[PDB]
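Here's Broad substrate specificity ATP-binding cassette transporter ABCG2 with tariquidar bound to it.
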2 protein chains.
Amino acid sequence: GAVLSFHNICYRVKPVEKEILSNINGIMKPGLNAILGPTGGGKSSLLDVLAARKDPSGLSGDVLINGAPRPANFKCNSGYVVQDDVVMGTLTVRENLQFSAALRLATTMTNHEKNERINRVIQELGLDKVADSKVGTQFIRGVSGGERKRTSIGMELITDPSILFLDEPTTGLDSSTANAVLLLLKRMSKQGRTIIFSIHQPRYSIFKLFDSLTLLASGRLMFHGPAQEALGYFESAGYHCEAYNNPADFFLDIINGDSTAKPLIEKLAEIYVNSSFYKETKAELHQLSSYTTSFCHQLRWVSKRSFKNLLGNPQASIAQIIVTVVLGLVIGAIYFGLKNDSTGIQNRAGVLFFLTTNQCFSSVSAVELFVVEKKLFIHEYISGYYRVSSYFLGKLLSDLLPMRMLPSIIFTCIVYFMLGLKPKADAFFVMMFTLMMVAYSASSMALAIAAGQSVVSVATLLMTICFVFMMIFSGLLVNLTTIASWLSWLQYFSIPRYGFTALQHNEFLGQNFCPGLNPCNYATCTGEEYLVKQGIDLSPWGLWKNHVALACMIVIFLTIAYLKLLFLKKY
Amino acid sequence: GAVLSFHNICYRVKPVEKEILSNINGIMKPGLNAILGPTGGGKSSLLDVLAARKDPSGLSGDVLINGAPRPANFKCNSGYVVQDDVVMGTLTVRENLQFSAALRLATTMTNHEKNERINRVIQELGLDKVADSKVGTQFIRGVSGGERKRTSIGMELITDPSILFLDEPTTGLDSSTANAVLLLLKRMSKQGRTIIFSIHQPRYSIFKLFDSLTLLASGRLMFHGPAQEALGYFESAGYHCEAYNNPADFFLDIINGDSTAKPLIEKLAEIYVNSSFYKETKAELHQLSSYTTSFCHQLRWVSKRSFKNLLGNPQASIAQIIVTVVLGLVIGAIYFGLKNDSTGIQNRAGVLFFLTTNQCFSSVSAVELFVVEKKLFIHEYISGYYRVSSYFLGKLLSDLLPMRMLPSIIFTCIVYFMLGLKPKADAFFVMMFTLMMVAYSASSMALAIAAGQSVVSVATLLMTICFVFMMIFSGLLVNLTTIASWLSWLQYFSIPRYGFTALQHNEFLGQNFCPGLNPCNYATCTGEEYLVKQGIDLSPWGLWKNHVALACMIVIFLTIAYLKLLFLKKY
Ligand SMILES: COc1cc2c(cc1OC)CN(CCc1ccc(NC(=O)c3cc(OC)c(OC)cc3NC(=O)c3cnc4ccccc4c3)cc1)CC2
Ligand SMILES: CCCCCCCCCCCC(=O)OC[C@H](COP(=O)(O)OCC[N+](C)(C)C)OC(=O)CCCCCCCCCCC
Ligand SMILES: CCCCCCCCCCCC(=O)OC[C@H](COP(=O)(O)OCC[N+](C)(C)C)OC(=O)CCCCCCCCCCC
Ligand SMILES: Nc1ncnc2c1ncn2[C@@H]1O[C@H](COP(=O)(O)OP(=O)(O)OP(=O)(O)O)[C@@H](O)[C@H]1O
Ligand SMILES: Nc1ncnc2c1ncn2[C@@H]1O[C@H](COP(=O)(O)OP(=O)(O)OP(=O)(O)O)[C@@H](O)[C@H]1O
Ligand SMILES: CC(C)CCC[C@@H](C)[C@H]1CC[C@H]2[C@@H]3CC=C4C[C@@H](O)CC[C@]4(C)[C@H]3CC[C@]12C
Ligand SMILES: CC(C)CCC[C@@H](C)[C@H]1CC[C@H]2[C@@H]3CC=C4C[C@@H](O)CC[C@]4(C)[C@H]3CC[C@]12C
Ligand SMILES: CC(C)CCC[C@@H](C)[C@H]1CC[C@H]2[C@@H]3CC=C4C[C@@H](O)CC[C@]4(C)[C@H]3CC[C@]12C
Ligand SMILES: CC(C)CCC[C@@H](C)[C@H]1CC[C@H]2[C@@H]3CC=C4C[C@@H](O)CC[C@]4(C)[C@H]3CC[C@]12C
């Protein structure tokens, strides 16, 4: 079995540094161990310290498994269940468990075997009725909080861990369900596994199951030792129960100073260090003194989950495609029959500008989903599911690449022929390629800004402002040849400028807009004159210059996003 | 005291109609009464039925207070505490209680007296340490879930009600805090008040406090009667406890079929109807067979809370003002020194278009706050705080009117003189007025769309799409004189068109853009020619036509919003 231990633990958090956890010493031998305490005592913090999910800076003690230091496979042979559930709402119960099994259990096992394990877990936790139902989504009403909580427990159990950490496994659950969960852990603990969990308001039947007990309060350790002997320890100092049927209440009332015999917290702790229990553990403590699956598998499974999540959030995929089609048709109707007249220049420039800005501003919606999933990404990376690289490339090849390509194609196919733009194939494909490139560049910039930011509103605001400032330098609202020199350099940071310039160069090159024709100066009859007055070049190199600039921006921004994820605080 | 009662209650929910609650009969005499049951049994639904927060369509029974039917002041002399807390995060604890006191307690009392009551409540609930701290916000980490829960309890207690309904008052609270809350209610119930609440996992000490008991399960009523006699009733059918220290577990285990003696639910219910308890209540039941404060006060307090909420969410007020200033300065730099040259027309039209669209699209951010507060509005209206009209006008005079006016002023003051637009005062004030009008019209349209919609994403998408379609008809991207007749009529539904046309008419009227000057046809030297080619009229009536159209749209859209709130399902 696994014999966890700790000694002289203290933790500090920040300027001013405060100690959430003061001196703590204990041994969590195999079996079933518990951590009772009042709210704010530090139950969740100690658990993370034991499971190495806290920044090692603050930690000021030694944690040992079976005497030897922490192995590098610790997170490959342990499980952690979070106080606040992190479960992808858009998926069903079974799908989430499948995801955990696939990326944590080794690939040597057959997929049928894994599904058999998954079914067994579901039956044990009583999730059969909602096995294939969806977890809650904003659009889709889903399972209750209790079923969601048990689902998080399931994902960790599937790994068949030798060590399991749980935080408030029984919250939002009625007594019957709570008892079933605890009995399962007890059965799971009579085989050599070590189970550590924090609980609120146990029943007497449950409390008898506890083998080892830990009692936190305001950081201090009031009592650690066998659960059955806890009553005797308190009785010696005073506090003869003889009132409460449930002992768990008897402990908490003492801590809150509601029972008969400087602060009561410090006073009680001083008693423990003088107890035999502290002496025994000090004697024992002093005496004692990688990823399962490869890159490709992680990529496939992450991309799959992203596909499903995207389809489950309609506003970002289905709605964008539908509005794309509607806009294409309306534009085709509004600009139908472009004429080489006085009005041709205006309408052509306007439509191209509209398409460009539409591609740029549509990227905001997708990345917002990248923002909301920061918490899940951190939790899964810490738990040891996947690497950063796999998550990044999967989200790209599932969300950014497929969906952002289509709007360009739809817009070109619908608009080009209805309006009557350049009737040559080269122009058609150039238009499609250019729109694709601006879309990808905007998405990459959005990712660079949004990656690592927790709040959706702030990221949305920042990206919107940046796109606005780009749009001012697109080449239509202002003439770039009239801008002062000390500000003109900014026009090279604008994506819409490159796309818009390319489209203009493609459309205006061989057109005359004065129908019947002593040249009339101050008049732009020919398209080339308009291009010149707007600053654009006439060589073939201008178009391709814009395109290569877009590609370089894509690469730069995506790389920045990867680095922002890499140097993030995953603790 | 207050003697509530019910008889033959059944409720139906929807097509297919299902009965959440089957036959239910009971009397909730003064004192302390409880509703235990497993999750999903129907505890929250019955409570709403008793407190008249459910649609009366489904209800199929009679509810009586003191024998007489439900008075119209029922919600003026009752309190309801929600299972999921509804507390404005951006405010402190004390501020929320002040809001409840001001609008529910009569104005005859002095404000100092109310604050004295508020202090007493806080001391009783143990919220003194966090009395003036802020409740949780996304930006501001706030009080724990337990303190938030007790705060919701406080707001109802301040009214000093003769009848109080609570739903899971002890959830997220440790035993010590839970016991304190229950003891307070017990003390509050020995004076004539009637208290009804639903609870999970009581302690034996608490359960002895219960005077009357109700036991729901899968809709059916398994037991109603005195709490002390509940054990005897079950013992007669079998189920001699002699195992469990806490009786509350003994009841729930039976319902879940985990104890010794068609489904167990139906089987148990059949026993109750044959019990003496059912006979007694049937004998008794068969035997038995406005706003405190005026309009202005509600308006003032709603507007005040809205001010605070707006300031607490920086992204909507502070950020919008800052970006407004930054955009003004950047625009002033980009377009500095507008010249009566070939480029003057383009830059002028572009800047005016940018300002107009900025005013239109900035309205999305504010209304989103109107969306998120739908739940709170429904809860408060049902509880009897305020009317619909007061809420509407308060949110207007607090959020829409003050904040949307400033950006226009800032933009005009910064931009007008730096660029060098028409150097006459009339044009300056016309520009300011026009921008104000488009801002208000867009906000009104946003409210009309967003009011009554629960999801933020959908409303944001809809308003954004509508503004896009308006923007196509602004007069720049397309020439309105070239649009086909069967679609041209749409141009009269566009707000940016009216604002943009007014600004163009103000700026271009007396300008010549050909510097040195056989007239050169196909050339727009004079501004009037440009206006004509864009379809605009030259009379003074065009400008004012646009303005009056905006005003009419404002009135229409705001009225629609009020009606949408009025005919909403507040149940
Ligand atoms: C988790 O819950 C959620 C929370 C939230 C959201 C979604 C959620 O759920 C996931 C999304 N919330 C977005 C709120 C929002 C959206 C937009 C703006 N503001 C502009 O967009 C704009 C501003 C200008 O000045 C400030 C401006 O100046 C000129 C031109 C602007 N836009 C254009 O010009 C333009 C042009 N073509 C377009 C074509 C297609 C689509 C958009 C186009 C836009 C401001 C706020 C924020 C919170
Ligand atoms: C002027 C009109 C045309 C030019 C428009 C300029 C847009 C520039 C877009 C590329 C910048 C970029 O993408 O920056 C990318 C950076 C990269 O993160 P980081 O630097 O490593 O931050 C450190 C992060 N750590 C500490 C975790 C490592 O993200 C950010 O900084 C986030 C905020 C960006 C705000 C940008 C607002 C720009 C307003 C400009 C007002 C004049
Ligand atoms: C074409 C370019 C220029 C013209 C642009 C047209 C914009 C019209 C704006 C005013 C309409 C309005 O504000 O409608 C206001 C209505 C009012 O609610 P209700 O009718 O009572 O719904 C019943 C609600 N109950 C049942 C509770 C009473 O809100 C809505 O319907 C909500 C959805 C509106 C979607 C509008 C999308 C428009 C897309 C047009 C694609 C051609
Ligand atoms: N990163 C952090 N920054 C600042 N304070 C923290 C941080 N982490 C924990 N704390 C503080 O430590 C104290 C204990 O928080 P903790 O998360 O341990 O609560 P808990 O013991 O899990 O109780 P419960 O989860 O039941 O509320 C709190 O006062 C909290 O503010
Ligand atoms: N509007 C509704 N539409 C469909 N079903 C409903 C509706 N309201 C309630 N129900 C159903 O009634 C049953 C009881 O739900 P209820 O809200 O009463 O739970 P509860 O008794 O409050 O239990 P808890 O709140 O502890 O989960 C549930 O199965 C729920 O799906
Ligand atoms: C039908 C046409 C004319 C409507 C104009 C386009 C806009 C207003 C429509 C087109 C497609 C629509 C979306 C279609 C599907 C969904 C998924 C649903 O679960 C919520 C609403 C939502 C997100 C719709 C919102 C409104 C929407 C974006
Ligand atoms: C991290 C971010 C800010 C990186 C920004 C890099 C951008 C500004 C770089 C990437 C590639 C660059 C372009 C590469 C090629 C050319 C062609 C040349 O004849 C003019 C400059 C121009 C058009 C460059 C302008 C600056 C440019 C677009
Ligand atoms: C300083 C200038 C150049 C920045 C450009 C303007 C944008 C990027 C800045 C200007 C004002 C800024 C806001 C100022 C204050 C707040 C409140 C804070 O609790 C969260 C960030 C937030 C919401 C900022 C977000 C970024 C913001 C909107
Ligand atoms: C509920 C919503 C859709 C109501 C929409 C009403 C709009 C379209 C109405 C309100 C006031 C109306 C305007 C009132 C006055 C004039 C001046 C006239 O010489 C031309 C029509 C014009 C410009 C009207 C166009 C239509 C108009 C703008």
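Chain identifiers are assigned alphabetically from A in the order in which the sequence lines are presented. Using the numbering of the PDB entry, the residues shown for chain A are 34-47, 58-304, 326-353, 368-595, 601-654, in order. Chain B is numbered as in the PDB entry; shown residues: 34-47, 58-304, 326-353, 368-595, 601-654, in order. When a ligand or atom number is given, it counts from 1 through the structure's own listing order.
- Counting every copy, the structure places tariquidar at ligand 1.
- At a heavy-atom cut-off of 4.0 Å, the other chains in contact with tariquidar are listed as A, B.
- Between tariquidar and the membrane-spanning segments of chain B, as UniProt orders them from the N terminus, heavy atoms come under 4.0 Å only for 2, 5.
- Within chain B, the UniProt domain with the largest share of residues touching tariquidar is ABC transmembrane type-2.
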